[PDB]
Colleague: 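Dumping the structure here so I can ask a few things about it.
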Number of protein chains: 2
Amino acid sequence: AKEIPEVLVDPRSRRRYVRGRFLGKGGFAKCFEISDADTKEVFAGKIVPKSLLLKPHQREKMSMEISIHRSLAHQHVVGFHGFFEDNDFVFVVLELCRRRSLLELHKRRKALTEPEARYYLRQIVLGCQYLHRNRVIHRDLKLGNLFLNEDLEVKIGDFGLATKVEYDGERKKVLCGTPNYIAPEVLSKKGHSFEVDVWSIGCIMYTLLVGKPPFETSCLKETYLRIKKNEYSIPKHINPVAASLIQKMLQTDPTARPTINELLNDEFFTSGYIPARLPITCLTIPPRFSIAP
Amino acid sequence: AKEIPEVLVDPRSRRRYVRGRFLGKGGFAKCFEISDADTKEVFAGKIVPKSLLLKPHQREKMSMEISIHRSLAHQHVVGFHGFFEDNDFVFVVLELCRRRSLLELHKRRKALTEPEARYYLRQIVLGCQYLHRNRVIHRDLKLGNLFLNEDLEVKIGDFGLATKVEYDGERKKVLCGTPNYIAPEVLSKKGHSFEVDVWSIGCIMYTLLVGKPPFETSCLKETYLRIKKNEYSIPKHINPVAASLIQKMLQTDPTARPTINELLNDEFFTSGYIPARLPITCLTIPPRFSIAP
Ligand SMILES: CC[C@@H]1C(=O)N(C)c2cnc(Nc3ccc(C(=O)N[C@H]4CC[C@H](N5CCN(CC6CC6)CC5)CC4)cc3OC)nc2N1C(C)C
Ligand SMILES: CC[C@@H]1C(=O)N(C)c2cnc(Nc3ccc(C(=O)N[C@H]4CC[C@H](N5CCN(CC6CC6)CC5)CC4)cc3OC)nc2N1C(C)C
Ligand SMILES: [Zn+2]
Ligand SMILES: [Zn+2]
């Protein structure tokens with residue numbers, strides 16, 4: 001094997017990070033809490049060994065992820081605080097999100113209450129508005145990529161499938177990777193762009209409100225077939241205003257969906273209660289939003 | 001971890017296999033030479049731990065592979081000699097192919113001579129004729145799945161993506177897995193059948209004669225795009241009769257390709273030299289097929 005160092009030094013910034021506890025691993029990366037030995041402030045470190053970056057294509061994907069993410073700064077995007085490397089590893093320094101992601105929330109709570117769905121969906125949309133106006137398509141928005149800080153604020157992360165739109169009307173023809181909430185224009189390989197992320201948000205909203213994803217089966221290719229056929233249903237207990245907005249977003253024709261900028265003007269948002277914040281108990285117990293002191 | 005036993009007992013057949021040397025691993029399986037303690041004859045054992053078969057879908061794929069393969073017996077198909085299980089593992093007993101596969105040959109020889117290509121391609125086609133007349137589509141014919149015994153005879157193996165055609169004109173809509181030489185009707189998800197294997201044979205013939213696969217790029221999705229666009233070329237040094245047959249097989253429209261039964265009647269075969277066998281040196285040195293004693 002090749003061992004990961006206990007202290008990480010960036011020679012340009014002159015900065016040292018002590019490697020703390022293990023956060024998880026996925027794709028090519030192992031992740032740890034890392035504290036700046038000097039400033040003592042804590043980060044999420046993503047460490048990827050160069051032994052798995054032997055092919056130029058895999059290196060280029062890494063370089064792109066970093067290039068896209070380093071140029072982003074927004075309240076609902078994961079803060080990018082630096083990156084550096086030695087002969088064995090690439091280290092990326094990211095904003096630590098102490099409440100993990102909406103994945104862990106969903107596992108614990110299943111369907112959320114409408115106001116909670118509204119609260120998270122608004123921050124997800126705001127994050128994505130920022131992306132899209134800077135010509136970035138995320139292309140893998142999912143529960144696992146929507147991180148939550150201490151105050152239950154959403155931070156969009158994992159730009160491993162993101163791409164920049166370089167000219168007006170550019171249709172991306174290729175997507176290297178397998179998103180979760182994957183849009184029909186991708187699956188048929190007919191060309192794709194910004195609308196891909198609105199599709200994913202539609203899936204996310206369905207999941208948050210219903211407690212299961214709209215095209216789930218026990219087989220991935222069977223699911224892609226459902227998505228091709230637009231074969232989902234919205235349970236009757238879902239409110240019509242929410243159901244309508246889901247249906248607008250989850251449409252086969254990309255050009256028929258709303259754009260990211262329209263969404264917060266939908267009646268789902270403008271005529272429903274949007275809490276200003278959620279108490280920490282919302283990780284565990286459904287909130288009833290009492291008017292009581 | 002969970003340790004694999006040194007001796008494998010099948011309680012129905014009453015048979016014991018001593019576990020010999022490690023052959024390799026891929027997907028979910030570790031593979032070893034295994035000798036029948038009684039008869040002393042040697043097999044290839046594919047051992048897959050049940051800890052990776054926790055989902056019904058993954059178990060069903062295994063059951064299907066076995067069901068398809070156990071019902072097959074042909075000179076150019078890998079012999080199926082049994083299967084059994086304990087609480088921790090499934091064990092499959094297969095014909096040992098001491099010369100590994102055409103993958104290892106290709107790595108060592110690159111482009112083969114025309115007569116060699118003819119020799120292997122004929123056995124590949126014969127194996128596939130057998131499959132197709134028993135309504136089996138292999139769906140992942142590639143160099144790595146075309147094993148060679150001591151006498152350099154081809155044995156088609158890995159039925160992990162195979163499917164049975166249950167009625168006339170059935171179009172398979174789904175393929176769980178990622179073939180190497182993947183046909184355009186699969187990639188676009190428009191429905192597919194027997195023609196898928198002829199496409200793969202076209203790719204195999206290209207590879208055997210040219211020394212590289214027809215749609216290779218440094219990115220898998222980029223390759224799928226080439227295949228969508230039928231974007232390959234045949235080098236000028238390839239003989240026109242071979243080039244013509246490749247082009248007939250490597251066509252976007254499935255219904256425009258030859259069927260497996262037509263192939264051996266192609267001029268590529270009927271008007272070229274087909275050696276009756278190849279000497280062992282053909283693993284390493286190009287043969288010149290001298291008429292000299
Ligand atoms: C860095 C990349 C990405 C990203 O881009 N950003 C921006 C990001 C930001 N912030 C975080 N935070 C946390 C992530 C995770 C945790 C955790 O508790 N992890 C635990 C998960 C279960 C593990 N257990 C399972 C049961 N095992 C026992 C066996 C019997 C069952 C023993 C081992 C132990 C570790 C805490 C966090 O915060 C304190 N993660 C991020 N990630 C990734 C980690 C997905
Ligand atoms: C069973 C499933 C499938 C199947 O369905 N059928 C029907 C089948 C039939 N027959 C075989 N035969 C053989 C397969 C393989 C070998 C070999 O030499 N393997 C070696 C490969 C390199 C490994 N090395 C690499 C360098 N490492 C050192 C480091 C520094 C580089 C050390 C470890 C050591 C083992 C020999 C065979 O025959 C004697 N395999 C089959 N397979 C699979 C194995 C693909
Ligand atoms: Zn599947
Ligand atoms: Zn790629």
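Reminder, nothing fancy here: chain letters follow the sequence lines and each chain counts from 1. Below, each value reflects all heavy atoms present in this structure, side chains not excepted, and no hydrogens, waters or symmetry copies. So this one's X-ray crystallography, 2.5 Å, going by the header. Order of appearance sets the numbers: ligands from 1, and atoms from 1 within every ligand.
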Colleague: What macromolecule, as named in UniProt, provides the greatest number of contacts to ligand 2 in this entry?
Modeller: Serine/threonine-protein kinase PLK1
Colleague: Which of metocurine, volasertib, muvalaplin, paromomycin, selatogrel has been placed at ligand 2 in this model?
Modeller: volasertib
Colleague: Quick one: other chains with a heavy atom closer than 4.0 Å to volasertib (ligand 2), which letters?
Modeller: B
Colleague: Which residues of other chains have a non-hydrogen atom closer than 4.0 Å to volasertib (ligand 2)?
Modeller: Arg21(B), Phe22(B), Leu23(B), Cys31(B), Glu33(B), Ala44(B), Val78(B), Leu94(B), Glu95(B), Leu96(B), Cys97(B), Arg98(B), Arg100(B), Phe147(B)
Colleague: Within a distance of under 4.0 Å, is there any protein heavy atom near atom 16 (C) of volasertib (ligand 2)?
Modeller: yes
Colleague: Give the residue, atom name and distance (to 0.1 Å) of the protein heavy atom nearest atom 21 (C) of volasertib (ligand 2).
Modeller: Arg100(B) NH2, 3.9 Å
Colleague: Any idea which protein heavy atom is nearest atom 2 (C) of volasertib (ligand 2), and the distance to it?
Modeller: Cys31(B) SG, 3.8 Å
Colleague: Would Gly45(B) count as being in polar contact with volasertib (ligand 2), using the rule that some N or O on each side must be under 3.5 angstrom apart?
Modeller: no
Colleague: Can you report which non-hydrogen protein atom sits closest to atom 7 (C) of volasertib (ligand 2), along with the distance?
Modeller: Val78(B) CG1, 3.4 Å
Colleague: Suppose we measure from atom 40 (N) of volasertib (ligand 2) to each protein heavy atom; which comes out shortest, and what is that distance?
Modeller: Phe147(B) CE2, 3.9 Å
Colleague: Which residues listed in UniProt as ATP binding sites of chain B come within 4.0 Å of volasertib (ligand 2) at the heavy-atom level?
Modeller: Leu23(B), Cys31(B), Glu95(B)
Colleague: Looking only at protein heavy atoms, which one is nearest to atom 12 (N) of volasertib (ligand 2), and what is the separation?
Modeller: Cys97(B) O, 3.1 Å
Colleague: Should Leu94(B) be counted as touching volasertib (ligand 2), given the test is an N or O pair under 3.5 Å?
Modeller: no
Colleague: Distance to 0.1 Å, residue and atom name: give those for the protein heavy atom nearest to atom 44 (C) of volasertib (ligand 2).
Modeller: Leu23(B) CB, 3.9 Å
Colleague: Going by the atom numbers of volasertib (ligand 2), which of them fall below 4.0 Å from some non-hydrogen atom of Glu33(B)?
Modeller: 39 (C)
Colleague: How close does the nearest protein non-hydrogen atom get to atom 39 (C) of volasertib (ligand 2), and which residue and atom is it?
Modeller: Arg21(B) NH2, 3.4 Å
Colleague: Find, among UniProt active-site residues of chain B, the one closest to volasertib (ligand 2); state the minimum non-hydrogen distance to 1 Å.
Modeller: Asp140(B), 11 Å
Colleague: Counting contact residues of chain B for volasertib (ligand 2) domain by domain in UniProt, which domain has the most?
Modeller: Protein kinase
Colleague: So which protein heavy atom does atom 35 (C) of volasertib (ligand 2) come closest to, and at what separation?
Modeller: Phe22(B) O, 3.6 Å
Colleague: Specify whether the nearest protein heavy atom to atom 26 (C) of volasertib (ligand 2) is under 4.0 angstrom away.
Modeller: no
